[PDB]
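The block underneath contains the structure these notes are about, expressed in structure tokens.
To find a chain, count down the sequence lines: A is the first, B the second, and so on, and within it residues start at 1. We count ligands from 1, going down the list as the structure has it; atoms in each ligand are counted the same way. Atom set for the values below is all heavy atoms of this structure, side chains included, hydrogens, waters and symmetry mates excluded.
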Amino acid sequence: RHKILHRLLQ
Amino acid sequence: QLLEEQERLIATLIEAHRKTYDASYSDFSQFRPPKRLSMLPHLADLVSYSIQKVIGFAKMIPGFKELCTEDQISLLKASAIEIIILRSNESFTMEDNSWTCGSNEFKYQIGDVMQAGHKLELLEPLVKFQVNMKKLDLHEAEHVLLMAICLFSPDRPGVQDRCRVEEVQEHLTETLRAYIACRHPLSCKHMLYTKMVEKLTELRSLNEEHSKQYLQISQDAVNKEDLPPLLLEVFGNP
Ligand SMILES: C=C1/C(=C\C=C2/CCC[C@]3(C)[C@@H]([C@H](C)CCCC(C)(C)O)CC[C@@H]23)C[C@@H](O)C[C@@H]1O
Ligand SMILES: [Mg+2]
Ligand SMILES: [Mg+2]
């Protein structure tokens with residue numbers, strides 16, 4: 001998926 | 001004639017922008033070093049840095065965190081380069097049409113950005129954009145409402161709750177109009193507001209053209225270590 005982007009949004 | 005809530009919103013966004021924009025440019029020493037696709041590793045590192053700041057900025061606009069995760073991602077991916085181009089005006093200077101970030105070693109002009117693979121179909125309108133935004137001479141509040149309004153575009157691909165997105169933009173744009181009507185009583189308010197949304201339209205053409213060239217840059221630099229993971233998630237991956 002969009003691993004890093006997902007973690008930025010937290 | 002600026003309501004207490006519009007004044008609070010402008011204040012929140014200015015606070016958000018200052019926290020996520022660093023006019024001392026002190027982390028530039030950390031990117032891979034510029035070389036004069038020789039400038040791709042440094043310029044790529046810079047945009048990946050900058051995208052994270054844009055995400056910091058987003059999360060602080062009221063009503064964005066309240067979006068579902070997929071909507072936020074589709075909003076960021078639609079407007080990420082457009083918001084980098086806007087916020088870069090801070091470092092841009094018409095004295096030599098460069099982006100200058102603390103020192104001459106981190107000074108970017110149209111030539112350095114062709115050593116990162118881009119072409120005149122984007123760069124020339126890019127620098128014309130930069131010069132013309134300078135001549136607009138926007139107040140800090142107009143600057144930050146623009147970056148927020150460009151993010152809250154309900155028409156982007158993938159947006160699921162478009163009603164919620166349009167409401168936030170409604171709010172954003174009503175606040176912009178009110179500021180123009182108060183702060184610039186000698187100009188046509190319709191004239192000033194139009195010159196700003198016009199810039200938003202030219203940001204979409206800069207973005208389509210960047211998208212196009214990125215496709216070939218990334219394909220070109222597929223086996224080399226040049227593009228970092230975040231750019232791949234945002235702009236594409238071949
Ligand atoms: C970013 C910021 C800055 C400069 C932005 C520039 C000048 C160099 C060339 C850039 C980065 C443009 C490039 C054509 C984009 C290329 C991206 C890539 C090489 C991956 O396809 C986009 C905006 C331009 C510096 C600072 O103001 C932070 C801001 O936030
Ligand atoms: Mg910054
Ligand atoms: Mg006036």
Ligand 1: main contacting chain per the PDB entry: Vitamin D receptor
What's the drug at ligand 1? calcitriol
Write down the other chains contacting calcitriol, where contact means heavy atoms under 4.0 Å apart. B
Which other-chain residues or nucleotides lie under 4.0 Å from calcitriol, by heavy-atom distance only? B:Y21, B:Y25, B:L40, B:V47, B:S50, B:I84, B:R87, B:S88, B:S91, B:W99, B:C101, B:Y108, B:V113, B:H118, B:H210, B:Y214, B:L231
With a cut-off of 4.0 Å, which atoms of calcitriol are near a heavy atom of B:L40? 19 (C)
Which atoms of calcitriol have any heavy atom of B:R87 under 4.0 Å away? 30 (O)
Pull out every atom of calcitriol sitting under 4.0 Å from any heavy atom of B:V113, numbered as shown with elements. 9 (C), 14 (C)
Mark up the atoms of calcitriol that fall under 4.0 Å of a heavy atom belonging to B:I84, in ascending order. 1 (C)
Numbered atoms of calcitriol (with element) below 4.0 Å of B:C101, judged on heavy atoms: 25 (C)
Taking only heavy atoms of B:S50, which atoms of calcitriol are found under 4.0 Å from at least one of them? 1 (C), 2 (C), 28 (C), 29 (C), 30 (O)
Atom 10 (C) of calcitriol protein-contacted (non-hydrogen atom, under 4.0 angstrom): no
For atom 5 (C) of calcitriol, closest protein heavy-atom neighbour: B:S88 CB, 3.6 Å
Show which atoms of calcitriol fall inside a sub-4.0 Å distance from at least one heavy-atom site of B:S91. 25 (C), 26 (C), 27 (O)
Atom indices of calcitriol, in the order listed, that fall short of 4.0 Å to a heavy atom of B:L231: 20 (C)
